[PDB]
Amino acid sequence: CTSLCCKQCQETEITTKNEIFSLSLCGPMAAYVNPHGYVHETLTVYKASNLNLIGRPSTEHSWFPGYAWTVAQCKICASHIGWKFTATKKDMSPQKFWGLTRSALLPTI
Amino acid sequence: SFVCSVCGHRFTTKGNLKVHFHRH
Ligand SMILES: O=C1CC[C@H](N2C(=O)c3ccccc3C2=O)C(=O)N1
Ligand SMILES: [Zn+2]
Ligand SMILES: [Zn+2]
């Protein structure tokens, strides 16, 4: 549709395509390595729906300096979808966004 | 004290982490 959905649920809408934006210089989606070697192709969107946040934000290993991450999973299927990123300095623009992992979404990007 | 190596999701039991981890 207009929407990107949880892959496991197939039809649980997570975001709409207008929410995609370029936070980085490489573009809206790029591959990042987590501190255990796992690669996540992470799409930055201003806004996501139907996600449960786990825990509290953290700056450790943040792929976007000045932002802290909070794990985000599907509210319907509990599948890992990505992370909410929240600014740590008042001047960051934007002050929040979401990084959604390519492998967790439909249609297949 | 148990952290998923894939996602960063934190757990208070090793057994919870094992179940979650194998969903990835
Ligand atoms: O910006 C981010 C999002 C979190 C991501 N991440 C993980 O996937 C992870 C797994 C285990 C321990 C710590 C982390 C961590 O920071 C990561 O490495 N950077
Ligand atoms: Zn789901
Ligand atoms: Zn995990």
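Lettering of chains proceeds alphabetically from A, tracking the sequence lines in order. In chain A, numbers come from the PDB entry; the residues present are 318-426, in order. Heads up, chain B uses the PDB entry numbers, so what you see runs 409-432. First listed ligand is number 1; within each ligand, the first listed atom is number 1.
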Can you tell me what they call the drug at ligand 1?
S-thalidomide
I'm curious which chain is the main partner for S-thalidomide in this model - what does the PDB entry call it?
Protein cereblon
Name every other chain with any non-hydrogen atom less than 4.0 Å from S-thalidomide.
A, B
Could you tell me which atoms of S-thalidomide, counted from 1 in the order shown, lie closer than 4.0 angstrom to a heavy atom of A:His378?
1 (O), 2 (C), 16 (O), 17 (C), 18 (O), 19 (N)
Are any of the N/O atoms on A:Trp380, whether in the backbone or the side chain, positioned under 3.5 angstrom from an N/O atom of S-thalidomide?
yes
If you map the residues of chain A that touch S-thalidomide onto UniProt domains, which domain comes out on top?
cult
Sub-4.0 Å atoms of S-thalidomide with respect to non-hydrogen atoms of A:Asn351
7 (C), 8 (O), 9 (C), 10 (C), 18 (O)
Give the atom numbers and elements of S-thalidomide that come within less than 4.0 Å of a heavy atom of A:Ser379.
1 (O)
Provide, to 0.1 Å, the distance between atom 18 (O) of S-thalidomide and the closest protein heavy atom, together with that atom's residue and name.
A:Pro352 CD, 3.2 Å
Under 4.0 Å from a heavy atom of B:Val414: give me the atoms of S-thalidomide that qualify, with their elements.
8 (O)
Numbered atoms of S-thalidomide (with element) below 4.0 Å of A:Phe402, judged on heavy atoms:
1 (O), 3 (C)
Should you measure from each heavy atom of A:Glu377, which atoms of S-thalidomide turn up under 4.0 Å away?
16 (O)
Give the residue and atom name of whichever protein heavy atom lies nearest to atom 16 (O) of S-thalidomide, and the separation in Å to one decimal.
A:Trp386 CZ2, 3.1 Å
Heavy atoms only, cut-off 4.0 Å: how does B:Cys415 contact S-thalidomide, side chain, backbone, both, or neither?
backbone
What UniProt-listed Zn(2+)-binding residues in chain A have at least one heavy atom nearer than 4.0 Å to S-thalidomide?
none
In the protein, what heavy atom is nearest to atom 10 (C) of S-thalidomide, and what distance, to one decimal place, separates them?
B:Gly416 N, 3.2 Å
Help me out: what does this PDB entry name chain B?
Sal-like protein 4
Looking at S-thalidomide, would B:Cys412 count as a contact under a 4.0 Å heavy-atom criterion?
yes
Checking heavy atoms only, which UniProt-annotated (S)-thalidomide-binding residues of chain A fall inside 4.0 Å of S-thalidomide?
A:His378, A:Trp380, A:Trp386
Listed by chain and number, which residues of other chains have a heavy atom closer than 4.0 Å to any atom of S-thalidomide?
A:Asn351, A:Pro352, A:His353, A:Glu377, A:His378, A:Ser379, A:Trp380, A:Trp386, A:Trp400, A:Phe402, B:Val411, B:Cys412, B:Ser413, B:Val414, B:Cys415, B:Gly416
